[PDB]
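Among the contents of this structure: Taxotere.
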Amino acid sequence: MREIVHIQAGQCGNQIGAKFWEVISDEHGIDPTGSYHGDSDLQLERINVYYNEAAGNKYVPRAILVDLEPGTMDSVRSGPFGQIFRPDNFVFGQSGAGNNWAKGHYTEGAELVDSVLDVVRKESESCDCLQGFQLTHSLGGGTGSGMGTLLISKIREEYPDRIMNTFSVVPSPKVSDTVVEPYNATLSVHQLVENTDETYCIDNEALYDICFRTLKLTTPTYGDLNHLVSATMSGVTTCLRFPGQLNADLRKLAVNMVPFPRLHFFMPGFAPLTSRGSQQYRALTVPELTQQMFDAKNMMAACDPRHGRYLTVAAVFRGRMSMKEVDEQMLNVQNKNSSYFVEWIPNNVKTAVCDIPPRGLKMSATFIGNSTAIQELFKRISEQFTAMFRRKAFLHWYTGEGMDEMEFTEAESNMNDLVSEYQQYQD
Amino acid sequence: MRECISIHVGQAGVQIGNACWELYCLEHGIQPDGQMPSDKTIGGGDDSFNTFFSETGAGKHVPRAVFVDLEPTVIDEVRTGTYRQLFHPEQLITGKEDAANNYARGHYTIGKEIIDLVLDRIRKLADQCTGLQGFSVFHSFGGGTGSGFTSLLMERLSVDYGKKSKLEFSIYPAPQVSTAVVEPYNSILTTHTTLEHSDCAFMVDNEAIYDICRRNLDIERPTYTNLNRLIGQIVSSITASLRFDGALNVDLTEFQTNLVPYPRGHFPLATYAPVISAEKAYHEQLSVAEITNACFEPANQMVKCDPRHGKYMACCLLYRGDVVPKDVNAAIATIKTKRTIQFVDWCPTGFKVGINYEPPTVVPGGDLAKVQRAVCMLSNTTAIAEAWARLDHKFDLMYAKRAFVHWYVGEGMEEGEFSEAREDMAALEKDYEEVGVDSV
Ligand SMILES: CC(=O)O[C@@]12CO[C@@H]1C[C@H](O)[C@@]1(C)C(=O)[C@H](O)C3=C(C)[C@@H](OC(=O)[C@H](O)[C@@H](NC(=O)OC(C)(C)C)c4ccccc4)C[C@@](O)([C@@H](OC(=O)c4ccccc4)[C@H]21)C3(C)C
Ligand SMILES: Nc1nc2c(ncn2[C@@H]2O[C@H](COP(=O)(O)OP(=O)(O)OP(=O)(O)O)[C@@H](O)[C@H]2O)c(=O)[nH]1
Ligand SMILES: Nc1nc2c(ncn2[C@@H]2O[C@H](COP(=O)(O)OP(=O)(O)O)[C@@H](O)[C@H]2O)c(=O)[nH]1
């Protein structure tokens, strides 16, 4: 009624908040329903009663907001798209923001990580049955990286039933930090094993390929990258939520992409990438839309999935097209991709359709999946970790925050086997 | 007088009804057409006093009726902006338990909690009137509300109402599909009907429908909103026909025995031979008795059940509208004249034929013809014997082989629900095969 919990953390999460959510007074945001049926309104609200429950649907913005260094305060709160809301906003009172997992996660966050409990409580209550826990977050965030794992852990701890949906940001061959090797590795052991159900990837090093291949943009931008993601979330969050002929509730999301317990991670795409001008090619196609949903080039992640096999593929299309058309087309993908399909597993591809195409695309395509490929996204941060942080060690910084050989060694070995165990499928 | 009781089960089901309940739109109803002047939404028929659900009126004026939604989703439709059809209030269930895909979920979990209240609805519902001779279940082979919920809702209904054989519909996986869950999963949903109860069942093979739409009608582009009519219509033949005044009439208790050749729930196929295009020109009209053949054509065939394999078994054909007696006796003979039909070793003039009136109903362009001669093949052939194999290759590898249950356990029982459902639905494969593999 499948209502919704909004948790936004760090930089990537708060800012990312800025761009997910504004794609919403597009109106469906997270579980009211209604509104969005005959236009109207806008902003950071409407006409009723506040708090909270007008959530992401009519009179209110429901979110749980978590900033740990008053960057998200000012960046959006004020002049920008929102109000937000008041009372729903965290500002860490200067904590001084931390780079380092151990740091808002063990340190300033605990203190706030407790203040984030009150937000979660009030939202949880809302009079609706909440099925999502939505969290933005940043490999190399400390606030996000190790505050997001704190937030995630209690939420799995107290809300076992409610699979967490977490948006991710990652490491690609380009960098932030230097401590992000290991920072996101510790953000890991907790992202597998920390009640985070499914896990999104949003590599910023892969986001560019998209905003620049598919798209033309001449000079991207960090705000424009926020157009990208909205895509990847609306399909999941709005789509299926919003009306629909085969509809997949978030929980279909956790059985469809996880085929087992360790935190199944996914990659996701939006096709309708389009080119402003090129605007003119394939009238929002399905094959079009299927086509773009597998390519090595249209995935909005830092794995190039082609190396290996996917294990689970969840795709979603909400254009008003044939329920026969989407399902008939997705097969063709599956047969020129064998090796990309997991021999176990039949039905290697799930398809969902919802009933309203994104405001102004006319016809949409969202994609989800796990392949064997990710043995990649990590056999990269781990090579990184062993030779980095854990190496000749880089954690004095973190060594004060409170983590001592632990949270490093455990995060490599647990996150490691991830590599072996993951591979295990299809070697 | 011999009412049906109509139960939905899942997404597949709440809609499918929309196909069933719209197709009804001719003044009929589950088992009471005993007649009505209303039309349309029924609005225009009057209000005689009343309130939710209608005392003023019979099922006729308003339906046989019971929708189960474990998500508002489809149910909000049928409730949707008084979706053009207000077919009653309070024959819907809408459980905001949050939907669950799992045979385990909804069936063991959220469903347990609201299978009851439903049972209550059914019971009351099962009481207002006389002769209910039927229970309809729309079922999938994937949808949490459709497996365990149905293995729940069929199971309780079988247990509670042993005398009233249930009829359930199906929408089974094939080569393509949804989920990964559904290779096993529906397996699980297949165990339960079975010996829990159930009677004859029917399916629309979603991979058969969109096929027949591409080999027999036209519109490769097509939406499920249209595939429902192919399957929607199957019912109209089964209930509206046999449930309406005519020559040689098979009731819901005719369905059970004519399909059922031995007792491990049996399965059936639906063929609708009238399927002519909006873009056709059937040889001004399509020959009535060719209609029979239409049936056998592997092509009308709803499912990917290669009849190629084996010998049919029970063949129940329901002809409606302007059919001729000499068409049946004399066209039905013909089939049993080809090599191929290969009826079984103990089939004894297998073919059961009913005639119903009026005509082939229809609505709109998506509806094809105005064909005035129908064949519905409901059969039990060895084939089925192989689609379950299909699901069993999937299962030996998808669920059990290396296991996809960690979602599912989460909701309830392990090591049978799975192991028991493979071994019991398995032998189905062996037992089925042995039903038709030698003279003995
Ligand atoms: C997203 C998208 O389709 O971005 C692009 C850029 O490359 C993408 C391909 C699209 O074909 C293109 C180019 C359009 O031509 C389209 O007609 C259009 C849509 C569908 C708008 O998008 C919407 O109205 C959607 O409803 C979109 N809304 C959306 O992006 O809203 C924001 C408020 C985030 C902007 C959305 C998508 C999916 C789910 C939900 C919503 C966004 C657009 O501005 C435009 O984006 C751009 O020009 C552009 C330039 C730089 C950065 C971003 C966008 C858009 C307009 C109105 C032009
Ligand atoms: N032909 C046809 N198939 C349908 C229709 N609705 C659903 N299905 C099929 O039903 C299967 C399951 O549909 P879902 O909507 O996922 O089922 P559900 O009711 O959501 O499943 P749960 O969330 O577990 O309860 C899919 O394979 C669909 O193809 C329909 O109207 N017609
Ligand atoms: N997509 C996206 N990435 C961002 C944004 N801000 C920062 N990042 C990226 O995420 C990394 C971590 O930044 P931030 O989220 O501020 O980290 P944290 O808050 O310290 O964990 C950086 O190295 C950036 O590459 C943003 O607004 N959007």
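Note on naming: letters A, B, ... go to the chains in the order of the sequence lines (proteins, then strands), and numbering restarts at 1 for each one. Counting starts at 1 for both ligands and their atoms, following the listed order. The figures that follow rest on heavy atoms only: side chains count, while hydrogens, waters and symmetry mates do not. Recorded method for this deposit: electron crystallography, 3.7 Å.
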Just curious, which ligands or chains go with Taxotere? ligand 1
Find the chain in most contact with Taxotere and give its name from UniProt. Tubulin beta chain
> What other chains contribute a heavy atom less than 4.0 Å from an atom of Taxotere?
Replying inline: A
> In the PDB record, what organism appears as the source of chain A?
Replying inline: Sus scrofa
